[PDB]
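Structure showing zotepine engaged by 5-hydroxytryptamine receptor 2A.
Numbering of residues begins at 1 and proceeds along the displayed sequence. All heavy atoms count here, side chains included; hydrogens, waters and symmetry mates do not. For ligands, and for the atoms within them, numbers begin at 1 and follow the listed sequence. Structure determined by X-ray crystallography, 2.9 Å.
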Amino acid sequence: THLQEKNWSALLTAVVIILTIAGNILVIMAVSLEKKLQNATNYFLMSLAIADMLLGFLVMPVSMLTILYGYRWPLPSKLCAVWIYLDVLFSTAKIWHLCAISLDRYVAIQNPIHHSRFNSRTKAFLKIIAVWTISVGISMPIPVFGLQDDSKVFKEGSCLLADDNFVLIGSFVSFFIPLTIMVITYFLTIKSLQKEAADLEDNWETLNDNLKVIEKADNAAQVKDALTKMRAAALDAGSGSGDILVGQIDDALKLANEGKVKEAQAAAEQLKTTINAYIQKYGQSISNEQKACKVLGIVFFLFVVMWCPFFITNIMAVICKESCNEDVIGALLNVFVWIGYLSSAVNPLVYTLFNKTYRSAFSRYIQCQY
Ligand SMILES: CC(C)CCC[C@@H](C)[C@H]1CC[C@H]2[C@@H]3CC=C4C[C@@H](O)CC[C@]4(C)[C@H]3CC[C@]12C
Ligand SMILES: CN(C)CCOC1=Cc2ccccc2Sc2ccc(Cl)cc21
Ligand SMILES: [Zn+2]
């Protein structure tokens with residue numbers, strides 16, 4: 001029965017490993033091939049996928065091997081610190097990539113021309129490298145104090161974080177703080193997007209009012225005034241996209257400057273439909289931003305929820321070092337770490353479920369259609 005349980009646990013963990021590897025390889029392929037997904041957010045998501053693939057290649061199979069050997073470290077003792085370091089490094093890179101995505105998208109939408117078509121690809125790669133560097137800096141104390149002292153990474157022959165200060169500082173620096181920052185940034189982001197939609201409605205109101213004023217105008221001065229208001233409104237409502245709409249308003253304005261009232265009014269009549277179409281397009285862009293915000297919130301929520309039992313049990317075990325049952329806590333950790341690895345695997349499934357570009361790319365990759 002003991003062998004039965006360890007063999008089925010190892011098999012389930014192997015299923016989790018293969019799902020992780022396949023899904024994250026597919027995500028890497030989709031981001032590197034599909035030209036629609038060439039923004040900074042998808043670059044960060046591919047970095048996340050690479051981190052998950054490294055976690056499934058370097059950490060999860062060694063964890064399965066540890067399971068097979070009754071949780072006694074089979075490899076040399078110096079490799080336990082390296083294993084814990086790689087695990088912590090990849091998980092910290094994941095969580096801080098999510099936090100960086102949140103902050104970056106928020107600060108981005110805080111920019112009046114952030115619907116422009118000029119987004120720098122190189123800067124995203126630089127930010128990703130900086131996040132990897134700060135993750136390495138966060139994780140380095142674990143090898144530092146683990147290669148010197150074997151007691152902080154070993155507990156009765158098993159390989160796991162044993163230092164209480166290590167567990168506390170790690171749980172705060174790599175889990176709690178980014179979680180709080182992400183929650184706050186998420187709510188601030190929904191507020192900014194609401195403000196964006198409100199301003200868009202305001203610009204549409206201005207465009208409609210002045211269109212009617214143009215429809216019933218006597219002289220060129222009235223037409224020019226209404227067109228000036230319209231131009232400012234349309235420029236603000238483009239939010240940086242760079243449209244023909246302001247140029248067409250400038251054409252009408254030029255007509256009005258020449259004292260040609262009837263022709264300016266005809267130009268405005270033409271402008272009505274163009275204005276409606278472009279306003280609808282701008283609101284669609286805002287809605288797309290909202291949908292991306294919700295999808296990334298789903299991803300962050302899944303990661304946090306699926307890792308929370310492990311961190312809760314770890315903090316609890318550090319609090320009641322001898323008051324609580326350590327065997328049951330050991331089993332709880334041995335299950336919750338794999339729950340967190342399942343979180344590491346789940347993300348490509350979400351990308352498929354809620355992103356049509358990813359879904360079509362994956363459907364074509366499964367059938368080897370490149
Ligand atoms: C193309 C873009 C989006 C993805 C780039 C991924 C790069 C920057 C990431 C993915 C895997 C990362 C590596 C993962 C493991 C290690 C070993 C560690 O001891 C030092 C950091 C180092 C070497 C990381 C450096 C940064 C790294 C190479
Ligand atoms: C050997 N393996 C099990 C270590 C993995 O534990 C951790 C995972 C993580 C998961 C998700 C985000 C961040 C981490 S950073 C971390 C920090 C402190 C401790 Cl105590 C654990 C810990
Ligand atoms: Zn926007």
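- The full list of places where zotepine can be found here is ligand 2.
- Among UniProt's transmembrane segments of chain A, counted from the N terminus, heavy-atom distances below 4.0 Å from zotepine (ligand 2) occur for 3, 5, 6, 7.
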